[PDB]
S.K.: 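Entry of interest: Protease PR5-SQV complexed with saquinavir.
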4 protein chains.
Amino acid sequence: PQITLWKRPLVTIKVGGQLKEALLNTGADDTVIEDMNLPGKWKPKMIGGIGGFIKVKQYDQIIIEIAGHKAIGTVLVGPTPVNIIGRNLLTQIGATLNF
Amino acid sequence: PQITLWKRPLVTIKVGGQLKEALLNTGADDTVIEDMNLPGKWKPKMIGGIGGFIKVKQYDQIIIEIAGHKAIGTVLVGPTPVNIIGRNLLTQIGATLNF
Amino acid sequence: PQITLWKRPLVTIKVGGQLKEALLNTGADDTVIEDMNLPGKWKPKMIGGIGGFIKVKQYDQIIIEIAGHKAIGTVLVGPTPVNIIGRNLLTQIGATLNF
Amino acid sequence: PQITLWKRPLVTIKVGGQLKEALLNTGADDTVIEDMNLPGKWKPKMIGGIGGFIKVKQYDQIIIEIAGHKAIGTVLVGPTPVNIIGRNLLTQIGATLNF
Ligand SMILES: CC(C)(C)NC(=O)[C@@H]1C[C@@H]2CCCC[C@@H]2CN1C[C@@H](O)[C@H](Cc1ccccc1)NC(=O)[C@H](CC(N)=O)NC(=O)c1ccc2ccccc2n1
Ligand SMILES: CC(C)(C)NC(=O)[C@@H]1C[C@@H]2CCCC[C@@H]2CN1C[C@@H](O)[C@H](Cc1ccccc1)NC(=O)[C@H](CC(N)=O)NC(=O)c1ccc2ccccc2n1
């Protein structure tokens, strides 16, 4: 798609077999999604940004569909108010910024 | 140009007559710049990042150049580790996210 | 051996009971072999090369012989144009880089 | 020096007068450096790996300091997450893979 930026870049994702909404975030290194029940092994990690850091669960090699594009990679699960797709999965689906 | 997301999409900006490096961010409408002495009228605002909420100063109709492309708009100034260009200004330079 | 690099460092490997040719790669974390029917359980994975990501099958604890050296480790199977031996298995044959 | 392969084989390099870290890569024909401003004439070229090919700037006769050893030859500049030193320069500094 050609995602425009007049509105929030919202897409449907599928994680843990469940459909959710998420925000495509070129300004995030990582992918972090709202606390959820997710199958798979995980380990603790901190991730940061404005206002400081939050503690999350780091799940490796998680299957996740982004607007119908398949990715399998690292998904952080924690206290974010919004599901954000970051560069680790944006690169997997071949996303670029263009102007 | 086209910018892959293998690395943070950092570009040079000009704001307040100064050159800075800034991150192109589809994930926020707001633009936030690290503390600096901009002239003119301002109002305080509270904004939320992943780690919590911060206080910024909001400056309106600020001239800003992004990767050589002219823009004018609202700039927030406060405690951010990285200069962040949000959707407000990204739309002015004709940026889209493509995959 | 002491392998000089005027040609690709290609060697014979044995995996799945089959002989194959593969490239010794200090630049790769993982080992990737062209699609083939290995027996047993596997996990999906996506790995990122210079031209993008490919989906692969991750087989763990796989018997593999590399240039006459026995090894046991993780082998990824998918659409690589060239069979690649990565650092995971290069450490088992005791490969070091000298200059 | 002699490097084991338990960690990524990163060394300090100098190219265009700038210090950078790069990966010593026996599994790469060519030397590919992340997009940067580099003086000199170049021509477009495609180079490939896992996932396909990318478009790069091919600079001839570029000087590159690799962990203190001088090497001169073809240097490709393009959209990669990692700087890699390939066989074309590894041969020049006498690099071998030993096991
Ligand atoms: C910029 C502002 C207006 C405050 N909006 C936001 O920050 C919103 C808030 C939303 C609700 C909370 C959870 C995140 C979403 C998305 N974010 C935008 C979102 O794009 C945000 C922008 C950003 C980038 C870099 C540094 C700071 C802030 N990115 C992030 O929060 C990601 C999170 C991550 N670990 O991937 N942070 C980083 O990628 C990042 C990069 C460098 C850093 C250096 C030092 C300290 C922290 C650093 N964090
Ligand atoms: C194997 C995997 C786990 C996916 N990791 C990687 O591929 C990482 C990714 C990193 C980030 C992007 C930039 C490259 C680095 C280093 N690479 C490893 C790196 O060692 C990689 C391994 C490889 C060799 C041959 C064929 C495919 C892949 N080599 C390369 O990507 C180099 C690039 C070059 N032109 O010099 N490719 C080749 O030397 C090469 C040789 C023969 C080929 C035949 C057909 C198609 C492509 C071919 N590419």
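So that the names make sense, note that chain A is the first sequence line, chain B the second, and so on, each numbered from 1. One-based numbering, in listed order, for ligands and for the atoms of each. Reckoned from all heavy atoms, side chains included, excluding hydrogens, waters and symmetry mates.
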S.K.: Indicate which ligands or chains correspond to saquinavir.
M.R.: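 The drug sits at ligands 1 and 2.
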S.K.: Show which other chains sit less than 4.0 Å from saquinavir (ligand 2), counting heavy atoms only.
M.R.: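 Chains with a heavy atom under 4.0 Å: C, D.
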S.K.: Out of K45(C), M46(D), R8(C), indicate the one that has the non-hydrogen atom closest to atom 41 (C) of saquinavir (ligand 2).
M.R.: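 Going through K45(C), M46(D), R8(C) one by one, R8(C) has the nearest heavy atom to atom 41 (C) of saquinavir (ligand 2).
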S.K.: What do you reckon, does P81(D) put a non-hydrogen atom under 4.0 Å from saquinavir (ligand 2)?
M.R.: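 Right, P81(D) reaches saquinavir (ligand 2).
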S.K.: For the 3.5 Å polar cut-off, considering only N or O atoms, please tell me whether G27(D) and saquinavir (ligand 2) meet it.
M.R.: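 Yes; at least one N/O pair falls below 3.5 Å.
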S.K.: Please compare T26(D), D29(C), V82(C), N25(D) and report which has the shortest non-hydrogen distance to atom 16 (C) of saquinavir (ligand 2).
M.R.: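 Looking at heavy atoms only, the winner is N25(D).
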S.K.: Extract every residue of other chains having a heavy atom under 4.0 Å from saquinavir (ligand 2).
M.R.: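 Within 4.0 Å (heavy atoms), the residues are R8(C), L23(C), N25(C), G27(C), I47(C), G48(C), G49(C), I50(C), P81(C), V82(C), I84(C), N25(D), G27(D), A28(D), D29(D), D30(D), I47(D), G48(D), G49(D), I50(D), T80(D), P81(D).
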